[PDB]
Engineer: 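The structure follows.
Lettering follows sequence order; numbering is per chain, from 1. Partial entry shown, contacts counted within. Method on record in the header is electron microscopy, 2.8 Å. The analysis underlying the following values was restricted to heavy atoms, covering all of them including side chains, and did not include hydrogens, waters or symmetry mates. In each ligand, atom 1 is the first atom listed, and ligand 1 is the first ligand listed.
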Amino acid sequence: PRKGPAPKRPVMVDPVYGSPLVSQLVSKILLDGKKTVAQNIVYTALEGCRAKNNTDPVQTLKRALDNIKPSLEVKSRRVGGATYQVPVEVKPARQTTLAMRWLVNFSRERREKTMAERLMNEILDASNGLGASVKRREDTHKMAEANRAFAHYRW
Amino acid sequence: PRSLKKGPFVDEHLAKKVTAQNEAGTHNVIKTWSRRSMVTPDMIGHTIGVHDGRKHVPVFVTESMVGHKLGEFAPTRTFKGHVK
Amino acid sequence: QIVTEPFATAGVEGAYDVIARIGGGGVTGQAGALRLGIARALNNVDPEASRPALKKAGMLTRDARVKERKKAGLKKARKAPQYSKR
Amino acid sequence: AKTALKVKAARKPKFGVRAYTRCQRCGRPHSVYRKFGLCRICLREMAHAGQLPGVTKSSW
Amino acid sequence: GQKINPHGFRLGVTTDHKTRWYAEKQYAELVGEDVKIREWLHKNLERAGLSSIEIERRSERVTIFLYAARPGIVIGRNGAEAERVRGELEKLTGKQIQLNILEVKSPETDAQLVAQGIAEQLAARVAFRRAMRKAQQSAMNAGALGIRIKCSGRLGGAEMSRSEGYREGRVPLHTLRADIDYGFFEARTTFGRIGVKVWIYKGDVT
RNA sequence: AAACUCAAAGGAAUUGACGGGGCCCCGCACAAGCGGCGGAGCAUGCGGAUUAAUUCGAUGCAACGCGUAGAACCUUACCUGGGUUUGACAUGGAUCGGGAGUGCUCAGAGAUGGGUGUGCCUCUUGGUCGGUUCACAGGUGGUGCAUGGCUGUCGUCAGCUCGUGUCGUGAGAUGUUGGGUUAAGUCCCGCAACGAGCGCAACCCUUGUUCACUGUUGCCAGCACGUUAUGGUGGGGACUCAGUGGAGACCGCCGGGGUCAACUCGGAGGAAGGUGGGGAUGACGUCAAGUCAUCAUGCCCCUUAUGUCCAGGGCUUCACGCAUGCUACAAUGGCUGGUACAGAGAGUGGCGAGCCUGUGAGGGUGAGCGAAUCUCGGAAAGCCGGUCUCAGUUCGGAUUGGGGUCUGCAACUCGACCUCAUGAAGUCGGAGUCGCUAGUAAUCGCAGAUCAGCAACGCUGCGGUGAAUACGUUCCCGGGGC
Ligand SMILES: CON(C)Cc1ccc(O)c2c1C[C@H]1C[C@H]3[C@H](N(C)C)C(O)=C(C(N)=O)C(=O)[C@@]3(O)C(O)=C1C2=O
Ligand SMILES: [Mg+2]
Ligand SMILES: [Mg+2]
Ligand SMILES: [Mg+2]
Ligand SMILES: [Mg+2]
Ligand SMILES: [Mg+2]
Ligand SMILES: [Mg+2]
Ligand SMILES: [Mg+2]
Ligand SMILES: [Mg+2]
Ligand SMILES: [Mg+2]
Ligand SMILES: [Mg+2]
Ligand SMILES: [Mg+2]
Ligand SMILES: [Mg+2]
Ligand SMILES: [Mg+2]
Ligand SMILES: [Mg+2]
Ligand SMILES: [Mg+2]
Ligand SMILES: [Zn+2]
């Protein structure tokens, strides 16, 4: 807004796994205002993760988030009579938000039956380095590199 | 539809006219505005001019009419189609 | 967690019984009210050794966030009917 | 409203179901409150002028 | 066009209701008789000048306070007019009416009588500017802290409608603790009718 | 040059508005986000078409789930037809009166008309009615561009002006420019200005903390029984709550910034901190904005009709177009069994428990409650168990056929609901477009107004669950100062 940066609500931690990441994940799933449904989905996905690999589900979620985190992304610019795609570096909070949003959206887009282990499959694939989320991260980075010539328009 | 335990609704003057017609010969057209009334077997074979808003259109009541209202056979709106 | 954590942030722990009578609201609102009640009980029991941490954790405070009332001409408290120019 | 309509509404109907309310000050047939008769406009203006006991503006 | 009635705005806060009775199964019919009483009194006692009609009820007994500038018309000769109006009131309602008529200490300060007088002058075809200035000057001679008069309509018998107004002093319409008396009347002329509104800031009240 | 033609052409300046002019600002205005609309079916309003009538009003934002907080009759203002004429209804003079007014019957679609029964209270002159008239009534007939009233709107926008002084021939200017600040023409500093007024703010309502007072129909910590059981009981002022009266927040304190000064940043205390959240409140005026149909009213028009009564019809039409919604397209879901947690409201022609009966809508009996007592009452989402397994489906519930219930004089046109069967489009929607900054959006149910019943999915409220995001002002829209 014009007035200034609005305050941010503090992020709570998940009672079970003790990480703000899982709370952010459930709040991102969180369709229709059904917190209990969303975190049932999230807990089921994390338990499926620890079932298929011995490593900790919170650690595998973290690894997936780092594999989906974008470093820079392009935004539209109205310089002159044509629009430009100016690449801009992404702050850690913004990139965590982008990673979570992409993870959730592509989990919803996956072909498997149930959301819980659609999200589980997507998390495992991202942690390994595969999947639609990682593909989108690579594509956005590729397009930022293609339009890298406009790094001097940053303000 | 009307409750069964309340019986059919015949407008209580259509009934008397059709009964008089039965007593004195089932040959006349009975003019009425009672679209409200229920067709009954006692009037079967009569001809009733049911009002439709502007004219008493005649209907010859047959065996199958009985389970219907008098006004079902006297359309009130004319459409004929849009354009021509 | 929201109702147990007053003890966790206090010196006492899960060796201290509690009896609660709860009315009104939904499950989450009842949880928050019970949490505030336990926090206030610990406060007025030991207002020197548990007061500082208990208040710093933002727990000796009642949030006035209540469902905003509906307003005429609007579908909800702030939702507005779909504007349709021409 | 029309005077004939007002008097017809006042008089007892032929069938009970055929009765209606009418604004007892105004004759208006729409938006008539059972609690105090009157109508939308009559209620608003009389409540503002203060002839209706207990009725005040609400701003909860 | 967009301003609230001052009396309704301050109702319950500073000013009080004109009717004081309680009834929860007859409420509508008591409202109807009250409307009949007020309409009858207004239609038949214009000459006296009615500031307010205040209605009370105890048990099938109605009490009417008539705040009038000149109760000479209401009382007639030795209370004959008072008795006749009371009798018409029983005829109209069917209940025991106890009627008492009260003065207004400062008719030049009560807004309703001020609107009464301004509308009467307009009907008698007095220049509206002169009438408004006279009323304003009289109000401030009495000692009101603020006057505001607005006459709207075919002022001066013209074709277009105007909304001519006068004011000086202070009239804080937005302040609830401000004691603002509001009056309105309609001058019935050969050219429709003129709406005259008067706000008078009596002072500040708790 | 002239004919001809115009009654102005023009100069400087003033105040506005506008600018694809600048500087400075603000608003869900973008951006960042979340969920939609535009596609489908249905509901609803409107345009158009149609019709005997489809009554009238509303028309960019600011008309279109709007007047309508309830159109089968009524409403009803429209149409066909049938009645009526001082009239359906008022007020006043006369004049003949004693019944008026009604019960039962007859004719009639009804209006109405004809029977039959019943028939004033005072008093010798009233209440009440009758005609004949006489005056007169009646009109939702016209003009919202003759008006009052009320309302929308720019716009919760930060402004709009005045007295006196001063400057200028004058319109006019100054104040009200400038610097800083604020949500704010909010304040501060300077200043030919010094002041004041309407707006801003505050006073009001509600919500968040707490104290005193009171203790039923509310509550149950300690005490005594209760059919086992129910604060059911005596009783209790503790807790909760109810509702009256107080306290509390003021940048008041601490520190920094700020020439200082207003302000600003941080901290402590505190339920709450910089306006704590929300409502009421809408300046001078604008749009000849809406309403002659709520009411009122100037003028004009109708007067065996444009009054008025009645039955039936219409306002519900349907090659279409738009708009606002609802249900969806499924697995964060459907079905099914069990099991938690609300608030705000309503009720005597009413809310109705319990029991019996029916597959059910319901019916029959029927307590209780004019209600902190009794009833509406079940909250739903959620949790837990089972099941369906991605299928145009055990998604969706349109349409259509059958059998019903209830309200009502009466559900054909044209009601809701139950049940049995039927099982349409719809695979997330083109260009375009909408709402929202927190207990908000999203969703989940509940209650009320009107109301016999109900086309209500509307409207106004109520609580339950409960987010994501805001780097920022470059761009789009609206506005503010110079
Ligand atoms: C026609 O008669 N002559 C020529 C002038 C006229 C005369 C008398 C009137 O009484 C009106 C009018 C013009 C209309 C124009 C209307 C129109 N509207 C109906 C959409 C409109 O475009 C707007 C608007 N958007 O603002 C209006 O102003 C408006 O509503 C209005 O006020 C009007 C009137 O009533
Ligand atoms: Mg009705
Ligand atoms: Mg010039
Ligand atoms: Mg956007
Ligand atoms: Mg659609
Ligand atoms: Mg229409
Ligand atoms: Mg009209
Ligand atoms: Mg609109
Ligand atoms: Mg106008
Ligand atoms: Mg118009
Ligand atoms: Mg204010
Ligand atoms: Mg107009
Ligand atoms: Mg008229
Ligand atoms: Mg309609
Ligand atoms: Mg009650
Ligand atoms: Mg906002
Ligand atoms: Zn009215």
Engineer: What does the PDB call the drug placed at ligand 1?
Structural biologist: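 That's sarecycline.
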Engineer: Could you tell me which macromolecule makes the most contacts with sarecycline here? Its name in the PDB entry would be great.
Structural biologist: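 Most heavy-atom pairs belong to RNA (1537-MER).
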Engineer: I'd love to know which other chains sit under 4.0 Å from sarecycline, counting non-hydrogen atoms.
Structural biologist: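 Within the heavy-atom cut-off of 4.0 Å: F.
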Engineer: Any idea which residues from other chains are within 4.0 Å of sarecycline, non-hydrogen atoms only?
Structural biologist: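 Within 4.0 Å (heavy atoms), the residues are F:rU59, F:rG60, F:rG144, F:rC145, F:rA289, F:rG290.
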Engineer: Apart from sarecycline itself, which ligands or ions come within less than 4.0 Å of that drug?
Structural biologist: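 Closer than 4.0 Å: ligand 12 (magnesium ion).
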